Structures are given as C-alpha cells and as structure tokens.
Amino acid sequence: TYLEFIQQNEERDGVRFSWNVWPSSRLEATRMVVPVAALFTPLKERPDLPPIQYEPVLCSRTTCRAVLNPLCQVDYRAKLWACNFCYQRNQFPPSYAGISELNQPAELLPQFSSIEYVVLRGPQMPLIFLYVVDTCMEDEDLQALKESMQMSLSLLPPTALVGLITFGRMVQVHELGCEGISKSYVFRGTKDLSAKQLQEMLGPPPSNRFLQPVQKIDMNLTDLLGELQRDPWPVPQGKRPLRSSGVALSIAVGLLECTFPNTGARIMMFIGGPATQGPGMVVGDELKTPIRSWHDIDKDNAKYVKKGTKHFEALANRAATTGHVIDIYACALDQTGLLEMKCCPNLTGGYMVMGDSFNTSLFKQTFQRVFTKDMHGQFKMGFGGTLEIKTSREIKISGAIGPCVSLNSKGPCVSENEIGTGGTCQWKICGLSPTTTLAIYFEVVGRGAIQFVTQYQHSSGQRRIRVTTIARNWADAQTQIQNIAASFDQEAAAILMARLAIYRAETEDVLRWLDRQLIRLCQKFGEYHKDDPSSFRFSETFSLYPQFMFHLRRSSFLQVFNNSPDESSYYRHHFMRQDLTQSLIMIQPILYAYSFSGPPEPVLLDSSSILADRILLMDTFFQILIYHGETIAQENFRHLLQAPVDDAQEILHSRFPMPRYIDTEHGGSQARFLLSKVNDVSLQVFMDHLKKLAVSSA
Amino acid sequence: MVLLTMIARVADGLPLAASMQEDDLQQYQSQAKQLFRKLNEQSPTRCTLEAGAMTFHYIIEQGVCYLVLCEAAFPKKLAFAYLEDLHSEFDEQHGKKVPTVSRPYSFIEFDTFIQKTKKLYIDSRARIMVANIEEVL
Amino acid sequence: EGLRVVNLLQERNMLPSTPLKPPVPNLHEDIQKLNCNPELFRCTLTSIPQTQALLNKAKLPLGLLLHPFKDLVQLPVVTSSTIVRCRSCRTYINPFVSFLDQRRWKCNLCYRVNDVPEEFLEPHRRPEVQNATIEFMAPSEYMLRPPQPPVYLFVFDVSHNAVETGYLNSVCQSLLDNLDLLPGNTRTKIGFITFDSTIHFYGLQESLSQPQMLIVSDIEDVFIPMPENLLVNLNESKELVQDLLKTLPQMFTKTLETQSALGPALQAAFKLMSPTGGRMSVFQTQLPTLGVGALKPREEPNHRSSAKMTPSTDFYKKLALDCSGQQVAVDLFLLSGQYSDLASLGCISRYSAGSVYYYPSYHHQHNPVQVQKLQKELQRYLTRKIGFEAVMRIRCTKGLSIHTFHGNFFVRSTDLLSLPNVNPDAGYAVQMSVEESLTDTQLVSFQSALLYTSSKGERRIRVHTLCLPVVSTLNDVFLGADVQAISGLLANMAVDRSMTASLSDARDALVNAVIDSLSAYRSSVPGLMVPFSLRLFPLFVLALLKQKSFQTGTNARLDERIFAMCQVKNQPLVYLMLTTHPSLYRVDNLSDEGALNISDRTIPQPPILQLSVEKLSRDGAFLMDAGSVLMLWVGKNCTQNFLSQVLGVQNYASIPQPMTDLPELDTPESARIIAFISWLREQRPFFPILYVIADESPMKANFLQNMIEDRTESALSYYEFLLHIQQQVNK
Ligand SMILES: O=C(O)CCCc1ccccc1
Ligand SMILES: [Zn+2]
Ligand SMILES: [Zn+2]
C-alpha cells in the first residue's frame, strides 16, 4: 500500500517526498509538473532508537565521504564495504575487526536507516541564555513578564550561562552578581555598535562577568529580575515611550559574538511595543500617526519599513553566521514590528511568539513550553545544526525553504537552478526542535539515494550526528508516468508548492503561477475528453490536490490584506517550519461536529456544515474555536456542551504556540472567524473553472 | 507639555515659591513677573494666556496667585488641576502667614511638594478666560 | 609709633616680639572708629597718593586685599524693604557718605547728591551708616532665578593607584560624620560619581534593595544615564546615601584600572549639575591620561636646573568657564605621589571660584601626617558656611581705577566677579591706579558688595566699605605703607609674572620692588636707610624669594611650586604671611607673663623669634607656627624635664619617629604648652596639625627650610640680601 509506505517512511525517516518514484529519463525530469522535493524533519522523535556511541564510519574518498548506511554493499569475508554513492570500496576500521554476519553493526540494518551517533569532541560547552528585556510597558504586563523570566530560570541547567540586558531609552548590560552593589553598563539606544567596539567598551568551564553559571548566579538573577522596574524616562502627552529595540538586539548580538562565537546560545528578546528610536525604528513617537499597515506600505506611506527591515536583516545574518539563536516574544495591543524583525527568528532557529499581553494564560503557558523536557530532563532543542545532503550522481539540489542559512558550499550536487536558500550542499540551522521541517527541492540531471547528515549541539552539550539515508525507485522506462502518477503524495506536494508560493510572495502575481501548475497537473495526470469539462476525473492519488489549492490561494498566507503585517509575518513564520500534518491544518482547518445525533464527526469546511442544533470545533493551527448554533446557544445537554471543550484541552496542550481559544455562537462577533475559513468565490465555481481550462488547450 | 511654576502674593507680586529646571527661562520669567504686577483685586480669578508656542494658566485664591507655563499642546484641563493641588496644599500649610511675610521666596521649602506634584501631571502613564498675553502686559 | 628713619645694617633685630598689627589710616577720630575691619579689607597704602606721578615716584604698588566672606563674630542684618543706592554709581549707603540737607546725602564715590527716601526713618543714625560691614536682604530684582538649593556632587578617582593611596576610606568616613552638618535646609541635594577608565554614576532609590552603579563607557560622548535619582534629596534619602558611603571603599579593592579619564568624568559631573549648579568636589590621585583633557608626563627638575609653570592645555580652563556659567564651582583634591600637571588641572578651580587642596604622596599607612591633615581640612571644608550663585563688585571713588584682579573667580565685565560658590576662606586682591588726579577730594572710599544665595535659600548682600585719606607728599605715602599688604600684593603680581614671562623675571621684579622704593626714598632724604613703615620690607621679600613658590636652587618639584602659587592667589593676607614668614617661639620654658585673663587659663606669650638657626638652641625646644601646621622642633641636648613632663619620654632617643601630636600629661609644663598651642589654633578656623617629628635626625627637617635669614648653598642670607640691596640703592 502506497499510503502505508508514506506513513511508515515519515515515522522512520521523518521525510515525505512529492514523488516516491523518480523520472529515470531526462525527457521526464524536465517535464515534472511538481518538482521532486522532500519535507525533511531532521530531529523527529520515534520509538527510542539506540544512541550509537561510536563514531560513524565514512567513505574513504575526499569528495564523497558518505556515512555507512543499509544501502551499502558489504562483504563480511574480506572486511570490506562498497559505498553506494560513489562505488568506492572501503576497509573496516579496527573497532569493526570482530565484525560478523550473525552480529553486524546498527547502521546497516534497514530499520536503522535514520540513526543518531554521539561523538566526543572533548569538553562540551555550556548552554548560553541571554534575556533581552523591554521595560516600556504597563506594570501588570511587566510584573507578569518578570515572573515568567524567573520561572524559566528555575528550569535552566546548572551548567548553563545566563545574561541580562534590559532596555528602554537606554540599553543596560548587567554585570551579574557583584554582591552588594548591582551594576550595569549604560549605552545610548540611539547609535549602533559593532562587536569590536562593544568588546573594547566592556573589556575549567568558561564564563564572563556578563555570562555566569546558573548554579552560582541563579539567586542574584532571580532577585534582580524581581526588582526590574519600568523604564524611568517619562512619557509625555500624546507620545510613545522611547524604545531602542534595534540597538538592544544588536548589543545582545555583539556581546555573544565577541564572547562565545560558534556555540549554542539563545537570545531571548521580549517586546512590549514597537521600536521608536534608532536604527531599526519602526514608527515615530507621535501617537497621532499609526503604525504602518499593508495599505500604508502599498501606497508608499511607511518611511521606516525598509530601513528598519534592513537593520534587523543584517543582525539576523550576523547572529546566523556566528551560530546564535534569536527569539522574539512580543505582547502588546498595537503592532510590534515583526515585519521588520522577522528575519532574526526565521534565518536562525529562533521562535516567534505573539499575543496581546504578557499577563495572560496565552503567553505564560506558551513561554514554558519552550523549556519542555524529555525522558531525561533535558530541553527538546538543539543548537548549531549543520545539514549536509549527499545525493546520487543523478540528483542535484536546487535549494531549501525553511529556517536555515546557506553555508555556501559548492559541489556537483548543487544545481544551476537555485530555489530559496540554494546553491549549496550544506545549510546551518542555529536552532532546531523535534518539529523543525525544511523543504528540500531536488532536480534530476535503479534506485536513487539521498543521505541527510545533521550535526548539532545537544541540550546535554553532547555533539550528535543524525544520519538518514532514504532510497526511492527509479521509474521503469516502459511504465514511466504510470508509476510516477501512482507514487504521488498529494499532501506533501500541496505544502511543498505552498512553500514556493509563500517564499515568492514574501520575496516579491503569485496566484498566477499557482494556477498554471494546477492546470498543468490536471492535464498531465487527469482523465478527460478534450473540450468536455464534465469528463474530468482525478485518481484517488490526486483528487484532493485541487481542494488544497483552493484553500491555499484564499488563505491569509497570500491574501495579506484584512490582516496586519505582523500577523502576516507571524503566520508565514510557523508555516515555513512545521511538518506535513500541522501545515495541512493551517491551509485547510479541521472541523468537527457535535450533536445528540451521533458522536463527534469531522465535517466539510462548507457553509452547509453550520447547523443550528450542532456544536462545531474548528482547528485552525493558530486558534481553536467552538461554535454554538442558534438553537444550542441557550446530564445529556452537558455531555454535548463540553464534548468540544474536552477535545479542545488535549490539543490545546501539545501544540507549541498555544492557539487562541474562542467560545462564540450564532450572532456573536467572534463567529466571523468560522465564516471566513468556511465555504473564485465557491469551490464549486473554482472546480468548474478549473475543469473548463483542463479539458481546453494545454 | 513642560514647566515653570510660580506662586506669588497678588497685592505686590511678592514671590512665595517657584520651581524651574532647564537641562529660555529668562524671557517667560519676566512675563510671569509682569503678570504678577498687573494682577489686582479686579482681575479674573481664573484665566489662560496665549504666548505663541507657550500658554500661561493661573488661578487666584486668598490673594495668592498660582501661575504655570507650558507648551500650548499641554492639556488646559490638566493645568488647572495641577494648580488646584498646589493651592489646597499651600493654603493649608501657609495660607495664614502669607499676608505677613515680606522677604522674596519666604516659602522656598515649598519646592519639595511642587516637584513631587509636578511629576504626577507630566507623564501620561502616571495618569476660565482666554486672551493673548501680549494684551494684558 | 615713629616717624624715625632706620638703618637696616645696624639694627639686624628689627622684627618685633609681639605679633604685627595693621597700620591705622591717618583719619579723623570719628571716621576711623567706623572704618572697616582690617582683617576683611585693607590697602597697601593707607595714605592714597593724590596723583599717579606721585604714586610712580614712590615705586610702591597701590592695591587692596580683601577677605569679604570671612566668619564674623557679629553681623548687622538689615531687612529694609528698600535698598538705598546712589542713583548714579549704585554705591550702597555707607558710613562715609556726607549727609548735608538731612534729607539729601552726597555719594562718597561719585559725589552725586541723592534723596533720602521717607523710608529712612534722624537719618544719620540708621544702621546702614553705623556699620562699615553689613549684610542686606536682596529684593526680588537682585536674582535671575529662584534661589538654587544646595547641591553637593562628589567625584572620586578609583584607579589602581587611587585604591592604593587609601584616601577613599577616610573621605567617605568624614562625609558620614558630617552628613547632618552640611550647610542646607530640606532642599539639599547630594550625588556621587566614581571613575577609572569609565564614568560610574550611582542611583539611590528607596524602592531598590541597594544602589545601582550606572557605567557610561562612551568616553568621547558622555551623557546622563538617568533623569531622577542621581542627585537625590539628602533629607529624604539619608539612609540610602549612608549605605553607599559605607560600601564605596570596598568596591574597588582588587582594581586593575591603571588609567584615569578625568576629563570626561568632569564633563559627566558638569552635565549632572548644569540644571541647578552647586559645589563639585573632585578627588584625583594621578596624572590624567585617558580621553579628552589628557596630559603628558613631565620630568621633575632638580637643584641643578635653572629658571627655564603654564598649563600644557586649555581644556580645564575652558571647562571651568562652562561650570562658571552654570553656577558650578569645582574644588580639586590632588593626592598624587607623582607629577600630575597641576599647572593645568588647577585651571578647573581658578576660573570657577573653587580652591585646590594638595596632599603630596598621600597614603593611608605610609604618610600619617597627610592623613590627619586631610581629615582636619575636610572637617572645615564640609562644615564651613557657603554661598551659591554669587557675584561680587568692587567700587572705588572717582579717580581711582581698578585694572587687575587676583583670586579664584571669573571676571565678566569690568569690576565684576563671578563666584559660582563663595567660601569663607578665600582671599582676593586688586591692583589700582590714579586715573584722575585727586585734587578735589581729601578722602577716598572703597566698597565691595557680595550678592549670593545662602544655604537656607535667601538672597543676601554683604557690603564692606573702607575710607582712606589722600596725601601729596612722598614721605606721607611712606608713612602709611603696610609692609604686609605690599608683600601680599607683590606675591600675586609675581605669580602672574611667572605665567606671563618666567620665574627669573618674577624674582627680579620682586627684588626691583625693594630697590626702586628704597632708592626713591634715599633720593628724597651711608647705610641702608628706610622709613619705619618699611623696616620689614626686605625681610618679607627675601622670605618671599625663599618660599616654595619662587625659590630656585631648592630640590622642589613641579606640583609643589604650582600649589604654592595657588595658595598665594587664594589665601587671605594673614595665612600668606604665616606661610611665608612663620612665627617661631621657644616653648620648653614658658611661664606667666601670659594673657591669662581668660578666666581659668593662663596662656603664655613667649616672644616671637626671627627665622634663623642662630636663634635655635640644642638645649631646648622650639615651635614654629606656619599657619597651616605647627612643627615642634626638639633639640638634641634637650632638657630632661621637657622630655618626661611634656613629651612623655625618658630620653631623646625614644621620642617616637612620626609623632602626630603631644600627649596631655598631668604636669604644669604640659598644661602650659597645651594652653599655648590651643590658643594658637583658636585664632584660626583651619585646625593646624602639629607634629613634633622635627627631631635633629628624622629626615623631615623641612623645619629648617623656613629659616629664611640663614644662607644656603643656593640662596643668600638676610645679611647678604641687605648687602645686595645697598649696592643697588646708591649705584
Ligand atoms: O549690577 C549690580 O552691581 C547689581 C547686581 C550685582 C550685585 C549685587 C549686589 C552687590 C553687588 C553687585
Ligand atoms: Zn563514497
Ligand atoms: Zn554715587
């Protein structure tokens, strides 16, 4: 079963390809409608794989140097193996001398495709956390922010280093624990600083005066955080507070850059409002003028966007080059400036959390998921990931889309046509979790092979190497397109195609390219008589691709208006990171129905599903909503009224960005969220127009 | 939305208490003393004056004038509430000694309450007549 | 008394045994009894020369020396609702006006008749005409702004060398002991700044567990890091500043900061005080080397280098003028063990009406004398009265014109002086000339008037008025000469001559002053013949030439000579004379011819001895009153009764090496010498420490450096100096 095949390969190898059978000819590779791509999850969890505590074997060939995998052809008699990528034949290392047939190494077994090694590079560096704190917000927001930061300090490892930077009009770098005096270094939030300047002005396991071990400092930090008071500078009438977000971030970047470069470090920035002074300024300090909107940027009425975006974009590359992670936690009623700061958590593996106030269950709980631990009391996060992909000589890599930065490594696996962050065989992911998913786009220039090698720093400090080796059948020449049409992953393709459209919109029509491929895929793999729209059918392999495209082209990922720019950049941020299942939920929210007549059942995203005597539960990945029809909007009636509330709580915990919960009913203002995701104007109309063009000229 | 605050005895214009911080003061201080000289027992008890980008606000109680200057953009609603807080505190503490003193600024130590009250109005987070001043002068 | 002529070569013992008294102006009996106290106001020539030609013939400098803010025993305070001031020259109504119409008075400085307002009441009995010294209550128009509150900002250097000197401990201790004794009411504000290679502010909020040290490292671009709690209210935040003073000495014990950015630190402290003004105390211990205002090292001279002073930069001069414009005065405390270019650093206090304090080679353990000296000088500095945002103007009768000012201030327009602060220990001098012949009048008057803000927030005016007669005879000008006042005015002139030309020209102008005056006297009359008023003129000028300010062949260092000149420019006449020509008494045999009158105490009055080793004796002990100190020299063959009953020792060998003070033993000999010592330090508000360390072999015999009549290897003796003068007088 092809579905059993897709399921078991994602559970084992954390990957889902657009095609599981690849064009064996040049004549079909060029004519691929949906590019050969893969939804690769480098750190996916699974049923407790054995950590291989020995260094992986490698191929003895300067260029190739792939990892010993089940595809390799072994010879237990001569103690030799032949690399599957370059046919080079290797000798077994001395630790493999007692190799035997009835007891062979772990990597070789087809079950241990996708396996992790633990290597020792000497002393493991301590983890580094750098709190960057805004002080320009209300007291109830600042007091809640302080409690959350004190709670995160109780979870950090005793080995880890911590640093505190608060700001407002000025920027304060705190020198931790200097006993009875409490000092800090004051910098103007009006002019930027480079790392070398910041190094001169400021000055067994290592630690600075500004970055000290948790076990030795946690009591002074938990007190300083408890005494943090709002920015002492007054805010006159009709004015915004002077907030130097752009310089505070750059000082946090330059501090770690000159102290601990090239090591796992997390810059956690907390924002209560937009940057109002300095490089990276997002809006002026006059309350008369509002923060820019999508309408304002389209009519060239937003003089801070490009200059501010460029500032944080250079900061993003500075930190991503050094190998440091930039988190952004923004909670305010107005906009924050996420559009100008989006590149910092996008290029690195940084998080992006957005809410109305730090004094809510929404932010408080979301902030403590960041420090969730596994079956060993260790954070589910990795640092400084290096992703390298080995391909067969027939495959080339166009590029990647997702949280990564190009290491600009050249090799025969690089393709001329580059996509996203392309032109490289190696990418750096400064931060990753068991959820991070990159979209890798391949190109063909019989059993192909792709090997993913991910080196990262673990929460324990251990250096680990994740090696996943997949293999997909080459198409048979006498059955080329028929097998290709059978190995189609309609879900994986819809998101991989969505990845391309969104990346082009965020780096600017996009719907036109999205339709010309929808029509092309309908003509090559659909069934129809020419000039007869009613004859068009699709295989069960393809039937859902049109509907996924309908919702994608109408979603808030591409129709940015009726949303704020920060909301748009926040939606795109999480969609470029999630695996397949969650990404489907975003584009096409799931909808359950609750009534006396039957247990909960999923129903269509159509206006016909909104019944008066029924309770709905829509799962947008960003919000969980419960709807009560006009009838139910009033023990048996209780089982119904709390059946969605019960099912909500479960998923209301797993998901990292805790979805905003909503309880509304017919006539309520919050029912608008259901009516906008529900229901060209209609599918029916969208499908008909698609069929008229599908049976028409190609 | 700034500062200049003076308290003076209406009769002779004798200064009683003031408060000024710069980091000009020289011009609007004269105008403030010109007004204290013109004010008599027929002057309006509550008035507001316009001086271009600046605006004076004063009240008069028990022969004592409470003058404040600020940028015109400062709320005139808040300017009089600031003077009222000063009057009730000043009259309660020194209202019966005013018609007896003769030294200038015999209540400099009222500097303290002026500035701690002044900050409760020049911070949005903390939460009648009109005539051009060039006329009365 | 005496109109008699004196031969300086035959007397050679002309110095009197009792202290010198200022001359009495040859005035009418009723006028002189109202004249100004000579301690506060005096003139080099009590008989003013009628014409400039006569003044030039005398070859003597005409000028005034004043101590206007001196602590008084009794001060009349006029609270008049109106200040009567002459309608022309704005001269205050003084005791030396000429009441004619009984409702009209003639101004004694510009001769205009003024109308006595009907607020002046028997108009000649009003206190403004019965006191030459009097303090007014300034009206509403005598202040540019509401009276500023007392602001004190202390600036400490905390470099590596500074931490080694240990000065920070005792300074923070003195502030803790005298926190309630600082002049000011409930408006007093207090602040603190430390610095090394960076500026360290200190916030003080009652809501925080401890103060906060805000460091600004942008040396080329200083700013204020916080708007509220840097200068805090002392009354409300007494507890907060006491902890910081107890914690400051402990914050830098392990410092490696070898450099000091004094320039930017002073710019930081200025911006903090610019809104209100006040007094800024700066404690520096080494050469400034980092940032703007840095100074280059100089190599110290030796006894061999000739007379070949000025600032090496104008940064501190400019910065002082900026502080002066914001009513900020800077006081410099230099506790340096090496060269620090005080000739440049001193400009921060000369042009802001401050004063510099010098503690050479200060060390908490090694130098116990400088430790106790700083303690007693900080006691005075922290508890003496003070005036804020002050100005002073010196008026003088038409015909007499002031042309040069001496002292720590900033002269704005002519005959005006900006005093960001005014302290009761500052001295000032003025040089004048006869611009118009005084044929008209026979009396001229001088009036100084000090407008200032008190520590209690009250604008006041202190006014002194001096009246003198006019003469037209060369001999009459000589009869009224004040030798001490002439010596003091020449010292201020000689310091300016050094900065303007060289030390050689300064020494020559001093020598030429004695020659040209005594040769002009001789040309109007064998030996060296001088009038009675000038019998101590060459002695005091010789002592001026051996003082550390103008001495040459001595091994003295650079900052010593500069500080010696900063005291000449800023000290009252009395302490200049006490420093230049210290009073030497023999104290091992006191007895009763003393001024007992004081109730239960007897207080011996031993005779003043002249400054020569020929007057000492190995059989006894001698005390020297240098004004600021009281060195007690003990002879080697000293008597046994003085050892056990006064010193508390059994022999000369066991006199402890550094002896910080005498013991108070139960002996009549101790009671006598303690009474004579305490009487000396009661004549002054600056407690002088007394160290008996001056043994016959302590390597601290600078007691002998004050024996200004003996010859040394690089200076003449008093007899040689007389011999040199006579050769030039009748050349
Ligand atoms: O211009 C003036 O002289 C009056 C202001 C300065 C001053 C005041 C009092 C005394 C002397 C001088
Ligand atoms: Zn190989
Ligand atoms: Zn006059």
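Simply put, chain letters go A, B, ... down the sequence lines. Residues 3-205, 223-464, 475-537, 541-666, 679-723, 746-764, in that order, are what chain A shows, numbered as in the PDB entry. Here chain B follows the PDB entry for its numbers: 1-23, 29-132, 148-157, in order, are the residues you see. Since chain C takes its numbers from the PDB entry, the residues it shows come out as 346-466, 476-662, 666-882, 888-1093. Atoms within each ligand, like the ligands themselves, are counted from 1 in listed order. Note that these values count all heavy atoms, side chains included, but never hydrogens, waters or copies made by symmetry.
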Which of 4-phenylbutyrate, HBY 097, UC-781 has been placed at ligand 1 in this model? 4-phenylbutyrate
Other chains closer than 4.0 Å to 4-phenylbutyrate (ligand 1) by heavy atom: C
Mind pulling out the residues near 4-phenylbutyrate (ligand 1)? I'm using a 4.0 Å cut-off on non-hydrogen atoms. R430(C), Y437(C), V748(C), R750(C), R752(C), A806(C), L808(C), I818(C)
